[PDB]
Structure formats: structure tokens, C-alpha cells
Protein chains: 2
Amino acid sequence: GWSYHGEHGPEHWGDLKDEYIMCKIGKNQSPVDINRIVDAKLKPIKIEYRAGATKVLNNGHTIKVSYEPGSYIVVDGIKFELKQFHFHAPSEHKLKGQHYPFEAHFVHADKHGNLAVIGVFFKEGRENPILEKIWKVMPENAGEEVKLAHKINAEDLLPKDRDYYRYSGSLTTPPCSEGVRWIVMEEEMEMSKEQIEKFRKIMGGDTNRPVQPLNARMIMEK
Amino acid sequence: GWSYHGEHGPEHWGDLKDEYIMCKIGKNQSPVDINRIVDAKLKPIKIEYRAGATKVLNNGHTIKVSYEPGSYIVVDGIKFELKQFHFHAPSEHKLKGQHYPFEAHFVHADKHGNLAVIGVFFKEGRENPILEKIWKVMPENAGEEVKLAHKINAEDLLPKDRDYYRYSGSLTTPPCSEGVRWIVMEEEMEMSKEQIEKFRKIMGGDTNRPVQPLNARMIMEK
Ligand SMILES: CC(=O)Nc1nnc(S(N)(=O)=O)s1
Ligand SMILES: CC(=O)Nc1nnc(S(N)(=O)=O)s1
Ligand SMILES: [Ca+2]
Ligand SMILES: [Ca+2]
Ligand SMILES: [Ca+2]
Ligand SMILES: [Ca+2]
Ligand SMILES: [Ca+2]
Ligand SMILES: [Ca+2]
Ligand SMILES: [Ca+2]
Ligand SMILES: [Ca+2]
Ligand SMILES: [Ca+2]
Ligand SMILES: [Ca+2]
Ligand SMILES: [Ca+2]
Ligand SMILES: [Ca+2]
Ligand SMILES: [Zn+2]
Ligand SMILES: [Zn+2]
């Protein structure tokens with residue numbers, strides 16, 4: 001029963017169940033307004049994707065694309081396998097107080113279940129050809145899933161310039177578990193106004209959790 | 001009833017009460033082994049201390065020196081007021097897998113109760129003149145407090161080289177609350193073997209929480 005709106009909305013998540021306690025007491029929650037940044041000597045993130053997107057699901061909260069095993073990123077010398085990617089509108093993260101109209105999340109898990117999420121901002125621009133393939137088949141109602149005709153390579157949704165912001169955060173939907181590595185790409189991608197409109201219409205409203213305080217954290221920039 | 005040893009010891013803290021839940025589920029706990037470090041362009045920490053130490057307490061877990069109001073540090077543009085300093089042996093933080101024999105913590109709180117702690121490592125060496133003043137009057141039993149004859153300036157216990165490690169962490173004793181700014185000084189201070197021995201004898205054993213995983217975190221170095 002958690003939602004983006006009303007009485008079961010984000011400000012009340014932590015009161016819905018005991019398992020959602022982090023949504024209430026957590027001090028390292030996501031998303032954030034990226035507005036306390038320091039230059040840091042970070043390593044490039046190794047992105048080892050192959051074409052693997054198989055299905056597209058509407059879960060009522062987002063449009064989620066499942067990925068078959070074998071694609072991974074490397075962070076802190078550890079392999080995190082790509083499980084799925086999904087979308088939010090407007091952007092969950094903000095950048096110096098401003099939203100983008102759309103944000104993609106690429107969700108990865110190491111062998112022990114530790115999570116790393118790559119966030120990619122999308123601005124209004126030219127029609128995105130990869131998103132067109134998914135949008136063409138996007139399920140309208142919650143609980144519906146469709147198989148993709150051809151396997152999409154998620155790497156095509158990532159910018160070529162791979163500078164990034166990094167911080168220690170959380171999942172952005174309940175249970176809002178902490179210990180999550182956030183990698184937010186500096187360079188924005190593009191999609192059409194129409195593509196953005198379609199996603200919003202299907203979702204039926206905004207799909208972003210409000211930004212959460214940074215508290216003791218800094219954001220590191222590569 | 002939490003302790004450093006036995007059945008109420010650090011591995012069991014999280015099971016002692018509901019209020020100690022972070023000690024069990026927290027993914028941003030302190031202390032840590034400082035072993036995933038990145039150079040960062042951090043600003044110097046402004047340290048505006050005056051002579052203000054008034055009393056020395058043995059609370060059974062540490063020797064704690066209270067400070068009168070008016071001394072503060074600046075972090076992220078915010079003023080955090082020095083409340084107290086206290087000690088652990090051996091060090092709580094490790095540095096590339098190794099302990100120092102002793103560590104001091106300088107505990108600060110901003111106007112909203114957000115905490116910032118400065119950690120200072122001590123190595124065995126020449127006798128520390130400032131610590132000698134406190135040690136001379138150190139209460140030997142839990143619950144005993146003594147007033148200092150003369151006010152001490154905590155700044156004299158900080159290194160002159162002010163490079164530091166920074167990360168987002170927790171209090172190191174229950175309730176192990178998160179959202180704490182840790183500033184660990186890169187340069188070690190010095191104290192005599194005798195001084196270390198005396199503190200240890202009075203405490204009756206080790207006073208350090210075991211290091212906790214870094215999880216998604218990096219340590220930034222100035
Ligand atoms: C099962 C799973 O992955 N759950 C997620 N919940 N929130 C996520 S997000 N917005 O942080 O990427 S992923
Ligand atoms: C009253 C107060 O400051 N409590 C503290 N508990 N643990 C601390 S530590 N080892 O993280 O400095 S300070
Ligand atoms: Ca710069
Ligand atoms: Ca750049
Ligand atoms: Ca920049
Ligand atoms: Ca660029
Ligand atoms: Ca740009
Ligand atoms: Ca672009
Ligand atoms: Ca270096
Ligand atoms: Ca030095
Ligand atoms: Ca240095
Ligand atoms: Ca040194
Ligand atoms: Ca020294
Ligand atoms: Ca160094
Ligand atoms: Zn998401
Ligand atoms: Zn301490």
C-alpha cells in the first residue's frame with residue numbers, strides 16, 4: 001500500500017510498517033539534492049554490459065525492464081550484476097536545486113546482495129531511439145509485463161562521458177534500505193517531450209520521492 | 001547495561017533494547033578501518049577553541065572531559081559547539097588494518113543537535129603534557145567526577161598539521177545513532193607508555209568498539 005501521493009505517500013512511508021523503519025529514522029537516505037560537492041580522485045566505473053533486456057513490466061510505480069544475467073559494473077573492485085532498470089518523472093535527484101524531467105536507474109547487486117544504482121538524468125530533446133523500442137510496447141496497467149522482441153543493450157542509455165557523482169545512500173522506495181552505492185552520471189541523456197508525456201500519462205502522476213537531507217554526507221565528483 | 005565485554009558486549013548491543021536498533025541494522029556505523037581512501041579537495045576545518053575544560057568524569061566506559069560553552073568548529077559552513085572530549089584504548093578507528101594504542105574523540109553538536117566528532121590518534125612516545133594534567137586527577141571509579149584546577153585548551157591536544165579523513169558515520173556507543181560527521185586527523189599525537197598503561201588499568205580492559213563495515217562508503221582525504 002505505499003504510494004507517491006496522499007495518505008500512504010512519502011512523508012508517511014515510515015509509519016506504514018515496521019520493515020519501513022529506515023524511511024523514518026535513516027540519516028543516509030536517497031534521493032538527494034546534489035548541492036554539497038567535492039572534487040575527488042575517483043576511478044572510472046567499469047561498465048561491462050551486453051545486450052540483455054528481456055521484459056518490460058508496469059508495476060504501478062514505474063516501468064521496469066528486466067535484464068538477463070551476465071552484465072555487470074565494477075565499483076571498489078567488486079562486481080555488481082545488472083538486474084533491472086526503471087524510470088522516474090520528474091527526476092528523483094536534483095542538481096543544485098533543480099529537477100530534470102526524467103531519470104533512469106540501473107539497479108545492480110553483488111553476490112552478497114549489496115546494491116549499486118547508476119542514475120542517469122534525461123532532459124527534453126530529441127526522441128530517444130532505445131526508449132522508443134520500450135515505449136512502443138509499454139504496458140498500460142499495473143501488473144502487466146511484456147516480452148521484448150529484441151534484446152536491448154542498456155549501455156546505449158548511458159552517456160559516453162562517464163564522469164559521475166558518488167555518495168552513500170538508500171533505495172528510494174520502501175523499505176528504503178541503506179548501504180546503497182549511488183553513482184549519478186554528470187552528463188544528461190535526451191528524450192522527446194512526447195516520450196516524457198507518455199510515461200507520465202501511464203504512471204498517472206509524479207513518480208519521485210522527495211529529496212532527503214544530506215546530513216553528514218558529501219557528494220564526491222570524479 | 002551495554003558493555004565492551006561479554007554477554008552485553010558489542011556483538012549483542014543491538015539485541016539489548018529497541019532504541020539500539022542502529023547497532024544492528026545500520027549500514028553507516030563507526031568506527032571503521034580506514035582502508036578505502038580517495039583524495040578529495042576538502043576545505044580546512046576551522047577550529048575556534050578557547051581554554052574551556054572544566055571537569056573530568058569516569059563513567060565506567062571512558063574518561064570524559066566536559067567543556068564549557070563557546071568553543072566550536074566549522075564544517076560545511078555550520079558551527080558545531082565542542083561539548084566534551086573522551087578516550088578509548090586501543091584506537092577505535094584503524095588505519096590500513098592497524099590500531100593505534102589510543103584515540104581521543106572531540107564531540108561537537110550544532111544548534112539542531114547534529115553531531116560532529118574529531119578523532120585524534122595517539123602513538124606511544126613522549127609523555128603528553130596536557131594529558132598529564134588530566135591524568136593527575138583522573139577518577140578511578142565509575143560515577144566519580146572531579147573539577148580541574150585550571151582550564152585546559154583542547155586545541156593543545158590537536159596536531160598542528162590539520163589534514164584529515166572524512167566520512168559519514170555513527171556514535172560508537174549505543175544507541176550508535178547515524179548522521180554523524182567524522183573528522184579523523186591524519187597526524188598522530190603522542191603519549192607515554194605509562195600514560196597509556198594508567199588509562200588501561202583504570203578502565204580495566206579494552207574500550208573500543210570493533211570496526212564496522214564500510215559498505216557503500218568511501219573515506220575522503222584532504
Ligand atoms: C527490488 C528493488 O530493486 N527495489 C528498488 N526500490 N527502489 C529502487 S531505486 N529507486 O532506489 O532504484 S530499486
Ligand atoms: C553524550 C555523547 O556524546 N555520547 C557519545 N556516545 N558515543 C560517542 S563517540 N565514541 O562516537 O564519540 S559520543
Ligand atoms: Ca573543480
Ligand atoms: Ca566533469
Ligand atoms: Ca562538474
Ligand atoms: Ca561533459
Ligand atoms: Ca551536459
Ligand atoms: Ca547529452
Ligand atoms: Ca594521493
Ligand atoms: Ca603530514
Ligand atoms: Ca597529507
Ligand atoms: Ca605521521
Ligand atoms: Ca605527531
Ligand atoms: Ca595520506
Ligand atoms: Zn528508482
Ligand atoms: Zn568515543
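A note on names: the letters A, B, ... follow the listed sequences, proteins ahead of strands, and every chain is numbered from 1. Remember, it's 1-based here, ligands and their atoms both numbered in the order they're listed. Looks like X-ray crystallography, 2.0 Å, at least that's what the header says. As a basis for the values below, the full set of heavy atoms in this structure was taken, side chains included, without hydrogen atoms, waters or symmetry mates.
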- Among nitrofurazone, esketamine, sulfaguanidine, acetazolamide, which drug or drug candidate sits at ligand 2? acetazolamide
- Which macromolecule is the chief neighbour of acetazolamide (ligand 2) by contact count, per the PDB entry? Carbonic anhydrase (Carbonate dehydratase)
- Message: Can you give me the letters of other chains with a heavy atom under 4.0 Å from acetazolamide (ligand 2)?
- Response: B
- Task: Look at acetazolamide (ligand 2) and say whether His86(B) reaches it with a heavy atom at a distance under 4.0 Å.
- Result: yes
- Message: Quick one: what other ligands or ions are closer than 4.0 Å to acetazolamide (ligand 2)?
- Response: ligand 16 (zinc ion)
- Task: Using non-hydrogen atoms of the residue, decide whether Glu92(B) is closer than 4.0 angstrom to acetazolamide (ligand 2).
- Result: yes
- Contacting atoms of acetazolamide (ligand 2), where contact means under 4.0 angstrom from a heavy atom of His88(B): 10 (N)
- Task: Specify whether the nearest protein heavy atom to atom 4 (N) of acetazolamide (ligand 2) is under 4.0 angstrom away.
- Result: no
- Message: Tell me whether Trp182(B) reaches acetazolamide (ligand 2) (any heavy atom closer than 4.0 angstrom to a ligand atom).
- Response: yes
- Task: Look at atom 8 (C) of acetazolamide (ligand 2) and say which protein heavy atom is nearest, naming residue and atom and giving the distance to 0.1 Å.
- Result: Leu171(B) CD2, 3.8 Å
- Message: Using a 4.0 Å cut-off to any heavy atom of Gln84(B), which atoms of acetazolamide (ligand 2) qualify?
- Response: 2 (C), 3 (O)
- According to the deposit information, what organism does chain B derive from? Persephonella marina (strain DSM 14350 / EX-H1)
- Those atoms of acetazolamide (ligand 2) less than 4.0 Å from some heavy atom in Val107(B): 3 (O), 12 (O), 13 (S)
- Query: Which chain residues come within 4.0 Å of acetazolamide (ligand 2), judged by heavy atoms?
  - Reply: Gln84(B), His86(B), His88(B), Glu92(B), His105(B), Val107(B), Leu171(B), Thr172(B), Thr173(B), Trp182(B)
